[PDB]
A.B. asks: 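The following entry includes meropenem (bound form); I'd like to go through it with you.
Sequence positions, counted from 1, serve as the residue numbers for this chain. Hydrogens, waters and symmetry mates play no part in the numbers below; they use all other heavy atoms, side chains included. Both ligands and their constituent atoms are indexed starting at 1 by order of listing.
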Amino acid sequence: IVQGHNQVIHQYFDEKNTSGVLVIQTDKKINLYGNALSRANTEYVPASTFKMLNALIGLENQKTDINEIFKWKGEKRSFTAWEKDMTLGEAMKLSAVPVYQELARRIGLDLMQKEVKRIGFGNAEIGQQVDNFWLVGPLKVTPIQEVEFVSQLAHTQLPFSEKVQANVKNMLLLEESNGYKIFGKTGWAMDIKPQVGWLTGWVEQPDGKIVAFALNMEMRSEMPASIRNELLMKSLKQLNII
Ligand SMILES: *C(=O)[C@@H]([C@@H]1NC(C(=O)O)=C(S[C@H]2CN[C@@H](C(=O)N(C)C)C2)[C@@H]1C)[C@@H](C)O
């Protein structure tokens, strides 16, 4: 059943010379696909995917709001795409680190550690460095843990206000094709051991049904960033999720 599906998806991953897993959660049922299934319960830095929880915490605790404009004071950033004023929602789409760092600072280390622990995100360790704990360690999370987190978000089942959850969900819309809405958040940790690529989110099918996913793969600098999107869409289509 899944073995035919997984044979095809295994091949997708082989064809593009990487080791990756794709975790799918429909409701409470979790299946693994890809050519590196052991990745599914291996911890990795969440990188840019932590922005989902960052936003939830920041909004919940009233440190910002969806309308606030975070102004670019003019300093050069790691990507030219980030060099403009933006809202929290626009920063999510662009993975604009400086905006989310300013947010994390507003929250403070101790509120951050408290919230991360209350929610139970990954190993729930943030250490003492308020602006890179989700990039270089100690914070670590499995792909299975990521899919459960985003599934809960999609079902408005996380322990945050309903409206905060709706607001963060609205920041996460990637793609809308043939009535299927694709929500998600990419992440690419470029400066660590083996580079880590993420793409974590869910599909809202036309009848309202939600199928959540977490792609996690080894990245190499020669890859286009869109290889994560490619492997996701090809797999979802092959699974008839889209
Ligand atoms: C988060 O993991 C890093 C962040 N994420 C990320 C990516 O997932 O590709 C880039 S965002 C920036 C680089 N390319 C442009 C883009 O949005 N995409 C290719 C999707 C803008 C960057 C590495 C963050 C920790 O730096």
A.B. asks: Could you tell me the main partner of meropenem (bound form, ligand 1) here, using whatever name UniProt has for it?
C.D. replies: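 Its main partner is Beta-lactamase OXA-23.
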A.B. asks: Does any N/O atom on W134 come nearer than 3.5 Å to any N/O atom on meropenem (bound form, ligand 1)?
C.D. replies: no
A.B. asks: Given that the side chain starts at C-beta and the backbone is N, CA, C, O, which of these parts of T49 lies under 4.0 Å from meropenem (bound form, ligand 1), counting heavy atoms, or is it both or neither?
C.D. replies: neither
A.B. asks: I need the atoms of meropenem (bound form, ligand 1) closer than 4.0 Å to a non-hydrogen atom of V97, numbered in the order shown.
C.D. replies: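 Heavy-atom distances to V97 below 4.0 Å select 24 (C), 25 (C), 26 (O).
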A.B. asks: Can you report which non-hydrogen protein atom sits closest to atom 23 (C) of meropenem (bound form, ligand 1), along with the distance?
C.D. replies: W188 O, 3.8 Å
A.B. asks: Report, in ascending order of atom number, the atoms of meropenem (bound form, ligand 1) lying under 4.0 Å from any heavy atom of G187.
C.D. replies: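 Within the 4.0 Å cut-off of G187, meropenem (bound form, ligand 1) contributes 2 (O), 8 (O).
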A.B. asks: For atom 22 (C) of meropenem (bound form, ligand 1), find the nearest protein heavy atom and state the residue, atom name and distance (0.1 Å precision).
C.D. replies: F79 CE1, 3.9 Å
A.B. asks: Which of the UniProt-flagged active-site residues in chain A is closest to meropenem (bound form, ligand 1), and what is the least heavy-atom distance at 1 Å precision?
C.D. replies: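 Measured on heavy atoms, the closest UniProt active-site residue is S48, 1 Å.
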A.B. asks: Around atom 3 (C) of meropenem (bound form, ligand 1), find the nearest protein heavy atom and jot down its residue, atom name and distance.
C.D. replies: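 Looking only at protein heavy atoms, the one closest to atom 3 (C) of meropenem (bound form, ligand 1) is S48 OG, 2.5 Å.
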A.B. asks: Return a yes/no value for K93: is any of its N or O atoms, backbone included, closer than 3.5 angstrom to an N or O of meropenem (bound form, ligand 1)?
C.D. replies: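 No, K93 has no N/O under 3.5 Å of an N/O on meropenem (bound form, ligand 1).
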A.B. asks: Give the UniProt-annotated beta-lactam-binding residues in chain A that lie under 4.0 Å from meropenem (bound form, ligand 1) by heavy-atom distance.
C.D. replies: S48, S95, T186, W188, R228
A.B. asks: Considering the heavy atoms of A47, write down every atom of meropenem (bound form, ligand 1) situated less than 4.0 Å from one of them.
C.D. replies: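 Near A47, the atoms of meropenem (bound form, ligand 1) are 2 (O).
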A.B. asks: Does the entry model a covalent attachment of meropenem (bound form, ligand 1) to a chain, and at what residue and atom?
C.D. replies: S48 OG
A.B. asks: Do any N/O atoms on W82 end up under 3.5 angstrom from N/O atoms on meropenem (bound form, ligand 1)?
C.D. replies: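 Not met; the criterion fails.
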A.B. asks: If we set the cut-off at 4.0 Å for heavy atoms, which region of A225 has an atom near meropenem (bound form, ligand 1): side chain, backbone, both, or neither?
C.D. replies: side chain
A.B. asks: Name the closest protein heavy atom to atom 8 (O) of meropenem (bound form, ligand 1), giving the residue it belongs to and the distance to 0.1 Å.
C.D. replies: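 Looking only at protein heavy atoms, the one closest to atom 8 (O) of meropenem (bound form, ligand 1) is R228 NH1, 2.8 Å.
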A.B. asks: Looking only at protein heavy atoms, identify the closest one to atom 21 (C) of meropenem (bound form, ligand 1) and say how far it is in Å.
C.D. replies: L94 O, 3.9 Å
A.B. asks: With heavy-atom distances below 4.0 Å as the criterion, list the atoms of meropenem (bound form, ligand 1) near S95.
C.D. replies: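 In order of numbering, the contacting atoms are 4 (C), 5 (N), 11 (S).
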A.B. asks: Name the residues that contact meropenem (bound form, ligand 1) at heavy-atom distances below 4.0 Å.
C.D. replies: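 At that heavy-atom cut-off, the site is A47, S48, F79, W82, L94, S95, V97, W134, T186, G187, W188, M190, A225, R228.
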